[PDB]
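Entry with theophylline: notes follow.
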Amino acid sequence: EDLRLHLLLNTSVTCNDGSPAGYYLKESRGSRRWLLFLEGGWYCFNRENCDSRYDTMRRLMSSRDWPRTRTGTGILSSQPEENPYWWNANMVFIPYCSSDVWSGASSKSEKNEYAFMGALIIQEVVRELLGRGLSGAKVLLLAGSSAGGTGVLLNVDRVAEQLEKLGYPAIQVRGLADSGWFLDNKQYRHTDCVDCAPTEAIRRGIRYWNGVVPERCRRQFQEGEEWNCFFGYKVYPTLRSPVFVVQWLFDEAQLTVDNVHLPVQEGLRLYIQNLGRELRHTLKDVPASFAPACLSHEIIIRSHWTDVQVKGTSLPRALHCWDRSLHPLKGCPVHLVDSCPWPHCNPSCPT
Ligand SMILES: *[C@@H]1O[C@H](CO)[C@@H](O)[C@H](O)[C@H]1NC(C)=O
Ligand SMILES: Cn1c(=O)c2[nH]cnc2n(C)c1=O
C-alpha cells in the first residue's frame, strides 16, 4: 500500500537547494479524514554546517534523488492490523527538505546560498490538496515526529487560519506532536555541544532562515526572543487548535543535547531522575498526552508502534479516545503520563 510522489506545481516553493518540494499521497475515496505527517531530522543554522549536511544528508536538502513511492508505516499504514487508529484515512507524508524545523520563509537569492521554506511548504501542500479531495474533509490531523513534532506546534494554528481564510470553515484542524517537546534545561556537562546549545542554535537559525512562529506566542515573547516558541511547554498554552502530545520521558535527543551518554553514579542518577520529573511536570496541564518512562528515539511511524502501553492503554487506543472526546469517558482515557522515575520502569518500553 504505497504513497505516490507529487512535486509541488508551484515550483518556487523549494527545498534547500532550490529543487521543488513535494508530498507523497495515498487517497481513500470513502474517507473524510486526512492525515498530513511532517518528517523530522535535526536542522542546520549557518553556511558551514548546512554545507556539511548537503554532502552526507542530501535527501534532507533536495528532492533530486527522491523515490517515486514510499510505503506507509505505523500511523501511516492502511492495514488495520498495523494501524488500529486511522487505517482508512487519506494519507500524506511531507518530506523534510528545508532544515529549519518547518519554520522558514526565505528563498534562495543572490544573498542566500540556500532556501529555507518549511512554513511555506506546509501552506502550499494544503492548497494543492484542496483540489484533490481535501475540500471535502471533516478532520485534518497535522502530525509529525522529532523536528517534525516541533513543526506541528509551530504550524497547526496557521493551517487552521489558512483554511478559514480560503473559505473552508467546516474542516476541523488538529495536531499530533511526537518527540518534539523539549526542555531548555541545564546540561549534565557544559560547553560541549557541537558546531550549539539548542537555545543559541535556534536563535541563530531564526535569523538565518527568516523563521516564523505562531502569532500569540510571538506577541508574548517579542522581538529577539522568538526562540522561546520552539519549546513545547511555552508555545502549547498559546495554541487554539486541539493538540495531542506524545513524548518519551527520557528522550534520546534530549539526552544528547544535555551531553548525557549511556554503572551510573549519584550525580548522573539525580540528573536523569530530575529530567523525568521536570518533563512530567510540564505535561500536568496537557489533557491529551502519552508519555512513557522509556529511553528511546523510536517514533509513531514505526511498524510496532502499537506495543507500548501506559496504565494498560496503548497509543492507538488513546488517540481513538481523543477522537471520541472531540465529538471524561468511561474506560477511554486520554491523559497517560508515567509516574515511575527511571527508564524502562514501564515493562512495555521498546527493546
Ligand atoms: C508560489 O508560492 C509563492 C510563495 O508562497 C507565492 O508568493 C506565489 O504567488 C506562488 N505562485 C503562484 C503562481 O501561485
Ligand atoms: C534537538 N532539538 C532540540 O533540542 C530542540 N529544542 C527546541 N527545539 C528543538 N528541536 C527542534 C530539536 O530538534
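Residues displayed in chain A correspond, in order, to the PDB entry positions 87-281, 285-351, 355-419, 428-451. First listed ligand is number 1; within each ligand, the first listed atom is number 1. If you're wondering, the header gives X-ray crystallography, 1.2 Å.
- The ligands or chains attributed to theophylline are ligand 2.
- Within 4.5 Å of theophylline (ligand 2), most heavy-atom pairs belong to the chain that UniProt identifies as Palmitoleoyl-protein carboxylesterase NOTUM.
- Below 4.0 Å from some heavy atom of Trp128 lie the following atoms of theophylline (ligand 2), by number and element: 1 (C).
- Counting the atoms of theophylline (ligand 2) from 1 in the order shown, those under 4.0 Å from a heavy atom of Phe319 are 7 (C), 8 (N).
- The distance from theophylline (ligand 2) to the heavy atoms of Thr236 drops below 4.0 Å at these ligand atoms: 11 (C).
- Each of the following atoms of theophylline (ligand 2) lies closer than 4.0 Å to a heavy atom of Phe320: 6 (N), 7 (C).
- Per UniProt, the active-site residue of chain A closest to theophylline (ligand 2) (non-hydrogen atoms, rounded to 1 Å) is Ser232, 5 Å.
- Counting heavy atoms under 4.0 Å, the binding site of theophylline (ligand 2) comprises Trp128, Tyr129, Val187, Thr236, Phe268, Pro287, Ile291, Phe319, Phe320.
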